[PDB]
Each structure stands twice: as structure tokens, then as C-alpha cells.
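Since chain A takes its numbers from the PDB entry, the residues it shows come out as 88-277, 286-351, 355-419, 428-451. Counting starts at 1 for both ligands and their atoms, following the listed order.
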Amino acid sequence: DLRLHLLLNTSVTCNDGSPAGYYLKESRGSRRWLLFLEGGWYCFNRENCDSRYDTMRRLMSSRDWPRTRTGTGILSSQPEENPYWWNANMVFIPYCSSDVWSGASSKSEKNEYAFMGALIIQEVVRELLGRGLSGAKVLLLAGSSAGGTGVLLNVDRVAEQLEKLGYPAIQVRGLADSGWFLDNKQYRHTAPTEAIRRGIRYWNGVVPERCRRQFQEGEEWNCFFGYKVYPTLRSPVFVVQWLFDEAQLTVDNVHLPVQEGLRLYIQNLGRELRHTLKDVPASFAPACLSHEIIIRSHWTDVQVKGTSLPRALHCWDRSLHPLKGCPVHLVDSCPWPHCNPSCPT
Ligand SMILES: COc1ccc2[nH]cc(CCNC(C)=O)c2c1
Ligand SMILES: COc1ccc2[nH]cc(CCNC(C)=O)c2c1
Ligand SMILES: *[C@@H]1O[C@H](CO)[C@@H](O)[C@H](O)[C@H]1NC(C)=O
């Protein structure tokens, strides 16, 4: 169980103005710190945020959060469940800003909602430095789905914050799970790129500086797509992505007797995802239809080329000190979902 702490700076808020916060379980024998960003889609205008407030209020407000949370998967403290980092200090940061962790906007007379995801991360990091983070050797910023994209948008900002605060010994790294999407041609029409474009204006969203300077004013939506923002990052980042991600297929208007047109569409999607990962040295991408993995209790079960994800992350740790029998780049080459026998059922 991790215990809830509301932010002492109560001007850093969830969408409705309630204070944001974090759940913490300390491990006093450890110099490793894991900060996990929750996911949960987003909203991008008044009407669609109003509907989210009716039926997804815990993703917009802290008024109804519980005092504790159980750590699962990579957040578990049991070695049987978490072979990688069971002895680490564990932090779960709830997602209550609906902005893919990019916002820097307060509630005001002109703004019904606050969008402060980027500021929430920096305030958590600050307040944690007085609870033991000042002694850390490694800070791993991790996250799933919207939180995985949040890692890509924020890991370099955390690194810069700690250097300017006077903590150059802390090594900042990122782990992005299920947040690596393609701005591809859809199977049918009914678009995420335009929703993100409008969202950035609504949230006053911020993106990493080198990416912003490449794409320039008006085109910051490009930095929400992993294969475009990743080459601009300086911190080491490990990318986890199912080749046939369910959220990707949903926005592509695919719902699973598959005939030739859809077969070719699905096979081309896996090929394109594989291609975007060829220059990503630390990555784990199985040929499965699924979504998210790192906080699932059975995350230890899936393997690529005989190597589990906990093992791949351990090999990554060793590489940041070409290891024999300890690989870090693991991408499936077979072309259809569940061609890998370790895929979840
Ligand atoms: C799950 O919601 C998210 C989270 C992070 C994201 N980054 C970029 C996009 C838009 C394209 N992908 C989808 C699923 O629409 C996005 C959506
Ligand atoms: C590749 O062909 C095209 C052509 C025109 C387009 N407009 C917008 C998109 C991106 C659509 N994908 C998602 C997931 O948002 C697009 C793609
Ligand atoms: C609280 O957070 C806000 C938003 O980042 C910041 O402007 C302010 O300086 C913070 N308060 C203190 C006392 O540092």
C-alpha cells in the first residue's frame, strides 16, 4: 500500500481546482526512485470536459481519492511480482489534468478548468526532494498510455529541474509504456491529430524545447507522437509498445472473418510500428493485440525472443553503468496478433 499526500502548494490543482497529489511508499534501504504517471485519455473543449466531469470525475478531481493504493506490477514491492525494482521507493501520481500531462494553465475567470499536468510533475519532484529523493542515484519516470506520452513530454524537463536545483548526481531516465502512436491513415473515416491540436490551445500545453524548435509555432501537435519527439530527447528512454495496440486500432476505426483489405491494413500497421522502433536501442514490442502492461500483476509473463520485460529492463540498467545474453532491443518480426505465444489472453 502506497499512502496519499496532497500537494502542500495548493495552487497546483486538478481540473476542478482541488489539490493534486501523489501516493508514496518509502524504501529506506534504496537509492532508486520510481515515479509512475497514470493514464486515462484526455478532453479538449468545454463540452467534452463537462461530460468527463460527470462520469470520470476521479480523473478531474482529488475530492474523492482514497487514502491508500496497492502497488501492482512494476510498483509492487514483492520480488515474485516485480523482479526488476521490488526494493525501490514507489510513487504513483494520479492523472487529474486531462491534458496528456502537458498543461500549464490555472482556473480563472476566463478558464472553467485548470490544466496543470506539466506543473504537477515538477511540484511532486520538488516536494519529494525533502522526503529522501535528494539522496537518489536514479529517478525513473514511468507511465502508461496517456502517462507514457507524458514521460516523453516531461523526462527532459525533470532532468533540467534537478540540475538547476543543484542535484547533478541524480540520473533521470524514462520508461514509456503504450504511449507510442502513429498519425497514420485510418481504415475508415468517422481525428486525434486535430483533437490534440485544439487541446494544446485549450490547455496552454507545453512540449520539449528541441522538438518545439524543430516544428515551430502552430505545429507542436507533432511532439505528441513518439517517433517524432524521441530523437530530440537527451535522457535515456526505454519504449514499451504492443505492435497492435488496442487504442491505436480504435482511433483507426478497426473493430475485430477478416477480409483482404483489413488483413493488409493490420499487417501494414505492424510493419510501420516496427520501422519506427528500428533506431530505438532500448525497446520491447511484442506482436499482440493489447493495451498497457507495466502495472499489470502478470507483466512478468510476456516474452520477446525468449526475454521477459523485467529482464530487458535489468539489462538496460546494466547497459547504463552489447551484453552477452542480456539484450535491450526486443521487437517481434512476426506479422499478425498472437503470433507470439506469450501474448495475454
Ligand atoms: C490514449 O490517449 C492518448 C494518449 C497520448 C497520445 N499521444 C498522441 C495521441 C493521439 C493519437 N493516439 C490516440 C490513441 O488517439 C494520444 C492519445
Ligand atoms: C497518412 O495519410 C494521412 C492523410 C491525411 C491525414 N490527416 C490526418 C492524418 C492522421 C490520421 N491519423 C491519426 C491516428 O490521427 C492523415 C493521414
Ligand atoms: C506554487 O505553484 C505555483 C505554480 O507553479 C508557483 O507559481 C508558486 O511559486 C508555488 N508556490 C510556492 C510558495 O513556491
At ligand 1 in this PDB structure, which drug or drug candidate is present? melatonin
Provide the name in UniProt for the chain that contacts melatonin (ligand 1) most. Palmitoleoyl-protein carboxylesterase NOTUM
Among all protein heavy atoms in this structure, tell me which lies nearest to atom 8 (C) of melatonin (ligand 1), with the distance rounded to 0.1 Å. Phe319 O, 3.4 Å
Closest protein heavy atom to atom 9 (C) of melatonin (ligand 1), given as residue, atom name and distance to 0.1 Å: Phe268 CD1, 4.0 Å
Proximity flag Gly266 to melatonin (ligand 1), non-hydrogen atoms under 4.0 Å: no
Tell me, which protein residue and heavy-atom name are nearest atom 5 (C) of melatonin (ligand 1), and how many Å apart are they? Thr236 OG1, 3.0 Å
UniProt active-site residue in chain A closest to melatonin (ligand 1), heavy-atom, rounded to 1 Å: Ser232, 4 Å
Contact residues, melatonin (ligand 1), heavy atoms 4.0 Å: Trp128, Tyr129, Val187, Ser232, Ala233, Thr236, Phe268, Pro287, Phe319, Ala342, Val346
Short N or O contacts of melatonin (ligand 1) with protein, under 3.5 Å, listed by atom name?
residue	atom	partner	partner atom	Å
melatonin (ligand 1)	7 (N)	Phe319	O	3.3

